[PDB]
Asker: 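Opened a PDB file with utomilumab bound to Tumor necrosis factor receptor superfamily member 9.
Chain letters: A, B, ..., in sequence-line order. What you see of chain A is 1-129, 138-217, where the numbers are those given in the PDB entry. We number chain B the way the PDB entry does; in order, the residues shown are 1-210. Here chain C follows the PDB entry for its numbers: 26-168, in order, are the residues you see. Atom set for the values below is all heavy atoms of this structure, side chains included, hydrogens, waters and symmetry mates excluded.
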Amino acid sequence: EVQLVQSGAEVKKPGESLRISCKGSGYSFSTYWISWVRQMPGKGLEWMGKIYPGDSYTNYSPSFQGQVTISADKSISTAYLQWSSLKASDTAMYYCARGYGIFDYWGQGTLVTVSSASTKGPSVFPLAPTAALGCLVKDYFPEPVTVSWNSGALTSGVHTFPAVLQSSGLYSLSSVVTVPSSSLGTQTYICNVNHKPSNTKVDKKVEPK
Amino acid sequence: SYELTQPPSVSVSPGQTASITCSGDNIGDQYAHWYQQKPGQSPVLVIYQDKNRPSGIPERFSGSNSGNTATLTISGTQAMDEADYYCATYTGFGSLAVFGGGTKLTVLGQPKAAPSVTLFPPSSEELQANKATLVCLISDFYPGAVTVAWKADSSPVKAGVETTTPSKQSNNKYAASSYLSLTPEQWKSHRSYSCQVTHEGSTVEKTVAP
Amino acid sequence: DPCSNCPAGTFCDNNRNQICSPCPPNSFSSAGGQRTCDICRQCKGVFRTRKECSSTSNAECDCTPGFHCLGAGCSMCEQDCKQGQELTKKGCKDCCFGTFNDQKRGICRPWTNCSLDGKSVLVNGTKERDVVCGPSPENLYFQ
Ligand SMILES: *[C@@H]1O[C@H](CO)[C@@H](O)[C@H](O)[C@H]1NC(C)=O
């Protein structure tokens, strides 16, 4: 069966170099173009450029000209996508597809994640307020982090948002619950954030001001 | 190089046909290909060469291409068709392929809900830690597609912000968040901070000041 | 649990006293233990029948002569062109000067530039074949 198997997920640091591969089995690898496609987290598909492995001729879109290098070692039926210095803007999902126009086969995609892997503990800040009481945890590494409200009690109408990568390379998320505006001073609301890698577990109550 | 424009969000009702346009200068001179992609899954082609359908794709998927618009048509749209759709083309001029911006086809299962936006000024503890992080929380909206705009006294800011992707919550409505990480000096330097959140054309705003 | 004893080429109907029934015509079951058989692919239109269907294997399609298979299981058929041509929407067009295509499919790509490395062109390229460069100036005049 024709298959395109890609490299495993990569976790690099800014400035490091990286090269992912795309091994195409089940067909004459030399006479089919291999295109690399970028997909940022939550964004669309971006054609980066193609390569004909027969004679290693390469092509690039204007958005990626001079940003990456595409190479192919046809002796082992493998195409490559190479960086020289990774920027934090390079965190995305990188698919390889067979073809110049019609992409009839797609690899499982290679995930790259560039960040300063020095694991840091999160700082918890409250959000004073049917009103909205919130809990903010910022600047931690790595994932994941779970937030329980009142020791896993308040489960109705509580939401925990997915993490986001700041410009510093450290994560951040907020947890919020829609407590009725009537109940305020009667019951003190408190979150419970637990950062497993840094063994961090800290609670803080959200009160008005 | 070449640019292909498709609307970011198209809604349709169960059983009624959805049309998704892919507009580019003289795209009708090229072959248009449509790719479907679902969460955590590689893109799969649904229509190739303007009108042709691959084996295994339901016959409700339809495609046409003429003039400056290629369009994907889905008769009797069912819930399994709710996914992102990307048009693509290859032009010999420059010999490059280009994807459209992507269209999230939502199959309506609930009424459209306007987003409830909440803006929290930074806590005094964060303010004491020489850190200013304005947070804007969008909740209870549907379909799940919003763009946020950060205003600092009728002025845009884009250098220090990152926003999340809409995710369904307990009551199946969507929710998102936006984090503006400012400086405590730049915080007290401007008059007001508004969080402009646009959803299905309509834009709601929420401002907070010291 | 009881349906596991039905092999490929049958489907499981618990309403039967003999639950394993063979697939009807134009139908196959390739794994076994299934409550239904799939309908054989028909290789219609621009498709052609390579291996006809059976009770345990789906029909396998290839394209008509003037076409070539694309996609898993030959799901698509793109029109063949000649060598030295490429496929554009207006039809099969000859490769422009400076480009070539050695396949009955795909696009034209440019010749390897021998002048970039200071080499003369030994044999002229054509629409079908790439150029062949001469030796570098180091072997041609210095070794
Ligand atoms: C290559 O073609 C050019 C143009 O016709 C001709 O002038 C030249 O002599 C040819 N050289 C060889 C080595 O065939």
Asker: Do you know where to find utomilumab in this model, all copies counted?
Answerer: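 The drug sits at chains A and B.
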Asker: By number, which residues of chain C have a heavy atom within 4.5 Å of any heavy atom of utomilumab (chains A and B)?
Answerer: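 The epitope (heavy atoms under 4.5 Å) is C/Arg66, C/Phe72, C/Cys94, C/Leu95, C/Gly96, C/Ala97, C/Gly98, C/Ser100, C/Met101, C/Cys102, C/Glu103, C/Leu112, C/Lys114, C/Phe125, C/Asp127, C/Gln128, C/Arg130, C/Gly131, C/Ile132, C/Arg134, C/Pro135.
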Asker: Write out, by chain and number, the residues of utomilumab (chains A and B) that lie within 4.5 Å of chain C (heavy atoms).
Answerer: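 Under 4.5 Å, heavy atom to heavy atom: A/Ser28, A/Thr31, A/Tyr32, A/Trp33, A/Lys50, A/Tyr52, A/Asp55, A/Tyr57, A/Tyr100, A/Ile102, A/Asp104, A/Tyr105, B/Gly28, B/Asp29, B/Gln30, B/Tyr31, B/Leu45, B/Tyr48, B/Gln49, B/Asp50, B/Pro54, B/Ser55, B/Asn65, B/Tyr90, B/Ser95.
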Asker: So what's the organism behind chain C, according to the entry?
Answerer: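 The organism in the entry is Homo sapiens.
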Asker: What name does the deposit give to chain B?
Answerer: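 In the PDB entry, it's Utomilumab Fab lambda chain.
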